[PDB]
Enquirer: 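Have a look at this one before I ask anything.
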Amino acid sequence: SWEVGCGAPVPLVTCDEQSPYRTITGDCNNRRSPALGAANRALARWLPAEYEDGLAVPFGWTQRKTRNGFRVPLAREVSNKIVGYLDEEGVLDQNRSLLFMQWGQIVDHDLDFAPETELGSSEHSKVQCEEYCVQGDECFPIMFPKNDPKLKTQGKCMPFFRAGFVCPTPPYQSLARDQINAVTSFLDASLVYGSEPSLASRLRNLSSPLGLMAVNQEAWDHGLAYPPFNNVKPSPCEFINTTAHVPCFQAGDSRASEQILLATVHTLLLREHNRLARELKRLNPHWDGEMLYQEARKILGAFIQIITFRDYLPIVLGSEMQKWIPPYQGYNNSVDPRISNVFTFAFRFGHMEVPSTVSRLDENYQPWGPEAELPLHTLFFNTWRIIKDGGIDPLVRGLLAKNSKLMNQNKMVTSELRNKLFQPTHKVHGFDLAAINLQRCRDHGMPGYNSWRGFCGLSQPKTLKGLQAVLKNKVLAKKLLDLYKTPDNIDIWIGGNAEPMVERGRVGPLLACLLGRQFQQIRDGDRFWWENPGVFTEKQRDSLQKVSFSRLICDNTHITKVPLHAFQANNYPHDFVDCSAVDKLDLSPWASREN
Ligand code: HEM
Ligand SMILES: *[C@@H]1O[C@H](CO)[C@@H](O[C@@H]2O[C@H](CO)[C@@H](O)[C@H](O)[C@H]2NC(C)=O)[C@H](O)[C@H]1NC(C)=O
Ligand SMILES: *[C@@H]1O[C@H](CO)[C@@H](O)[C@H](O)[C@H]1NC(C)=O
Ligand SMILES: *[C@@H]1O[C@H](CO)[C@@H](O)[C@H](O)[C@H]1NC(C)=O
Ligand SMILES: CCCc1cc(=O)[nH]c(=S)[nH]1
Ligand SMILES: [Ca+2]
């Protein structure tokens, strides 16, 4: 513990407190310590950072300094040697829908973002990074090992910039460098309304006191809306299809359009907002557009929070759920609702659930179109497919009917992601997320696998016979030790995901513990949590207890047949049923009798 903080977070804000609304920035959630949970501030450090210089230097950066007596293996090599796999045969989760994979990234984006640093624009310094792959300052290239096929096709490194950090943008001394978390730690739909007032505003429709969110002009989904277009260029969305010339979406989170399905749900969530703002004016026609806005925004929030804690997490967590998330017992102010720096690495167990393809299913859930099933790698920043081909409905059916990819040690991340990822400003569909995840753990200064085993009060294996036992996988261990000399150097992401999944869940014991407390801290520490008295009425809570993704789709698309359990893999037409048989959100409890 040194000092009271570091510079670069907005010095002064206000808290109306009497306001029964969340700020946009997340300030004023907590009267004791305002900035807690707030956007554009440092991620929380549950354990001390770890760097070659103990300050701002990532491990491996040096080429001589070894970690714990050994050099760290290149990210790209553990990815290839342990993470890669060819055969997509048999990798689907028999009981997890694609929706299952698709809510984690939605939730992930509500909760955190490490702003990646590229700094200036007029930059050849960017050219130095990718073309020549020059190490230095914030560029920190992932070199390819020998015998790396990409080698013959994309020079000798995948560019990779470090993550933003508190105080300077340049590194400093006398304190461990902390990465920034640009969104709000709370589960407050800040991936839809923004985390900066500036954005929140331009995101709204202010030309009508209807409390609506802004929607697109140039196009519609045969009646329904589409988020406005992110006006700035270049546009990775245009790049993928210059002919199409269709840009990315304007939404709270800046990552909204990374892959088609994500913008799919982002669209459903935006519709849901207006949908309410409309009905809130039907029942309460005496409110100002501001109120419509904040009430809808309030409502959309508990929804996210319900789906997430009620239906999502109990199956991600399984048997270690009620351990870390025993039923609600009140808003504990002494709780740090800040998102941990190592949580942002722990939640991307969500990558190993992403399957290689994405299909558009017709209104009878047979393949819509002749190119009905598409390769996932053609869907990064792909908005033209939605707009100029099908709309949201087709893709929403595949979300309900298609499976997610089950995690499996010999088959961890699909090539659409391992070899063919795409990245803005980069013109090639040749990126490795797995490697980026790894180069990332270092970039932040993550403690190694065993510091996290121990911290979670779990056996921290020292040996090879010691490791095998814990993953229950003989050769994954061998491979790991060969690549990572000792369990202590294994970068956490793969370390955490390398464990088998716990009873009924989809994550190993370590991630179970890392996630457990982080979600227990977003709730307990949320002054605006939908279940805490004050924030909602018993008549209102009652209503909120009825929501369902199924309903979400029914209210904001033209689908008709849906499954009662949107996540438990559902098959058609057996598991599917009509919208009428699906409970709705009664909006009666919000109405105000003016007299
Ligand atoms: C493409 C990508 C996805 C799907 C096709 C995808 C999916 C997920 C899910 C389902 C997650 C959680 C359940 C999840 C979490 C996080 N991701 Fe990931 N993701 C795709 C692509 C990316 C890319 C690119 C990044 C950037 C990584 C970097 O260091 O540059 C990425 C990150 C994350 C992440 C870290 C978030 C943060 O704190 O900034 C998750 C928690 N994903 N994804
Ligand atoms: C780029 O986007 C354009 C714009 O839609 C696409 O052109 C269409 O693609 C399919 C062809 O199978 C059908 O929509 C039409 O036959 C095409 N129309 C036009 C205007 O050509 C094109 O498919 C995309 N191609 C790339 C580079 O992805
Ligand atoms: C704002 O709302 C008005 C009133 O319905 C509507 O005419 C207009 O299209 C909306 N603008 C945006 C950008 O949503
Ligand atoms: C899927 O998981 C749920 C858990 O709620 C279970 O009840 C459902 O029956 C399961 N069905 C299948 C197809 O495994
Ligand atoms: C580290 C940045 C986080 C991130 C970016 C992105 O584009 N998609 C996802 S899921 N996460
Ligand atoms: Ca948030």
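Chain A residue numbers are taken from the PDB entry; in order, the displayed residues are 1-595. When reading the values below, keep in mind they use all heavy atoms of this one structure, side chains included, and skip hydrogens, waters and symmetry mates. In each ligand, atom 1 is the first atom listed, and ligand 1 is the first ligand listed. If you check the header, you will see the structure was determined by X-ray crystallography, 2.5 Å.
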Enquirer: Help me out: which of hydralazine, propylthiouracil, propofol is at ligand 5?
Expert: propylthiouracil
Enquirer: Looking at contacts alone, what is the main macromolecule next to propylthiouracil, by its name in UniProt?
Expert: Lactoperoxidase
Enquirer: Numbering the atoms of propylthiouracil from 1, which are under 4.0 Å from a heavy atom of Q105?
Expert: 8 (N), 9 (C), 10 (S)
Enquirer: Return the residue, atom name and 0.1 Å-rounded distance of the protein heavy atom closest to atom 1 (C) of propylthiouracil.
Expert: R348 NH2, 3.9 Å
Enquirer: Students should be able to answer this: which protein heavy-atom is nearest to atom 2 (C) of propylthiouracil, and at what distance?
Expert: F113 CE1, 3.1 Å
Enquirer: Which residue in chain A carrying a UniProt active-site annotation is nearest to propylthiouracil, and how far away is it by heavy atoms, to 1 Å?
Expert: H109, 3 Å
Enquirer: Check whether the model has a covalent bond from propylthiouracil to a chain and give the residue and atom.
Expert: none
Enquirer: Quick test: of every protein heavy atom, which one is nearest to atom 4 (C) of propylthiouracil, and how far off is it to 0.1 Å?
Expert: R255 CD, 3.3 Å
Enquirer: Which residues in chain A does UniProt mark as heme b-binding that also have a heavy atom less than 4.0 Å from propylthiouracil?
Expert: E258
Enquirer: Side chain, backbone, both or neither: which part of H109 comes within less than 4.0 Å of propylthiouracil when only heavy atoms are counted?
Expert: side chain
Enquirer: Which residues count as the binding site of propylthiouracil under a heavy-atom cut-off of 4.0 Å?
Expert: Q105, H109, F113, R255, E258, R348
